[PDB]
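Featured here: a structure holding cetuximab.
Chains: A, B, ... assigned top-down by sequence line. In chain A, numbers come from the PDB entry; the residues present are 1-133, 138-220, in order. We're sticking with the PDB entry numbering for chain B, so the shown stretch reads 1-212, in order. Numbering, chain C: per the PDB entry, residues 1-12 in sequence. Only this structure's heavy atoms are used, side chains among them; waters, hydrogens and symmetry mates stay out.
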Amino acid sequence: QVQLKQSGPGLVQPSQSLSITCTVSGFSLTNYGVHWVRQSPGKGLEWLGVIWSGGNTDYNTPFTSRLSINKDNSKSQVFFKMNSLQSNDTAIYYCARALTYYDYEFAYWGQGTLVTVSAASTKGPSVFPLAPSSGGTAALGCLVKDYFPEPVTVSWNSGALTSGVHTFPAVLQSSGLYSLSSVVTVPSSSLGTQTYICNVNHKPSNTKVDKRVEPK
Amino acid sequence: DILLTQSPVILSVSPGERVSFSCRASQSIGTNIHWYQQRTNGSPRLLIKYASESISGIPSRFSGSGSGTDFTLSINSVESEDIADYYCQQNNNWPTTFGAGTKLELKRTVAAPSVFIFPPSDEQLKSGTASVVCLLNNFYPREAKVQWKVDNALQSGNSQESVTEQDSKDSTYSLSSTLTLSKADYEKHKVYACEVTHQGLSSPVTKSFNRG
Amino acid sequence: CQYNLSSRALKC
């Protein structure tokens, strides 16, 4: 199967550079170009450039002087590098592959890399339980609080629990640190026989925490 | 560069209805337009290439038409999982450019939220802060009011709300409201109440607890 | 109306 997998989310300091690796499988880099597209609040979807089969590059006009794309065919890796980032470069960056070697209809995409441009320091989250205290249904959750930058991933029971899960968008606190809750509803009778663990991963700080949530 | 203008900005429709997205180009681009679907937290998914051409794995309800400057993506009978943002892309002229997108929202019947309240954990209290969380689960429409009271004092300015995107199956939202107090304030008071107002409730629903 | 990085969807 054709896949593109990008390196993890990262904080970049203003005027510093951004580096992202796209590792592909299911096809050879010698046979297809790999494009880079970003998506920001201020600009939406914006094509940045491409590295062609033979190693040639084209860069979109505003990026010709600060964008560098290279690759390692044998390693199936494409390297995106952009210099002098400013806060309006905060965006999700994607690699993508077209349907054919020369074209631009992007049938396959990486999962995206969220880049935050900020002078602040990375900080791992605290995780606190939202303990189950109607209609045989109990709600419980985890409060993932005080981290920077975005994003965090939250799953339940190592991915086995997905039904009834709601992970809320993070909100920025006045501290300049993010906070979010993830909740799930389950039958109250299962509270005594099943375990509920929220698996939290804050990649920018390399922080993984599994919080068990139980009736108080 | 070619400017693509997508309209409307937001489309709200009921399941089973026909829907169409418009993309207008600043100059003629032939049929060199591709369409994408982007679900919440997802990457773009190619729906139609070259204005009207189908893509393998894409449901038959998606189709496209148009040439020149005026293009249309159609969903002939919308399903709940079609909830997403939709984008057009032109590639007649370098550089390839994208529209600003149309958000597709889905209508459904009114559904009252189920309300749950969570006291701060003892774990958190050790750090000197208390978070109290009120959950409004699986409701529609999106509009809701959450009012916090501590010992009958109305709380203002010290809570934040977050709302999920529409669920792909039942089209409902959920909402969290988080009331944040210093530990000292929290310890000074007893009754913590979340009062929820929503169209699907005949009267406000209050969930509360007594600290300890 | 613009793309929101926390909700990962358009935010009108």
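All instances of cetuximab are found at chains A and B. Residue A/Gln39 touches chain C through both its backbone and its side chain, counting heavy-atom pairs closer than 4.5 Å.
Both the backbone and the side chain of A/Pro41 come within less than 4.5 Å of a heavy atom of chain C. Only the side chain of A/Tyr182 comes within contact range of chain C, judged by heavy atoms closer than 4.5 Å. Ranked by heavy-atom pairs under 4.5 Å with chain C, the first chain of cetuximab (chains A and B) is chain A. Heavy-atom distances place no part of A/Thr171 under 4.5 Å from chain C, backbone and side chain included. Residues with a heavy atom within 4.5 Å of cetuximab (chains A and B): C/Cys1, C/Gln2, C/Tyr3, C/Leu5, C/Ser6, C/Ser7, C/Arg8, C/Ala9, C/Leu10, C/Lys11, C/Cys12. The name that the PDB assigns to chain B is Fab Light Chain.
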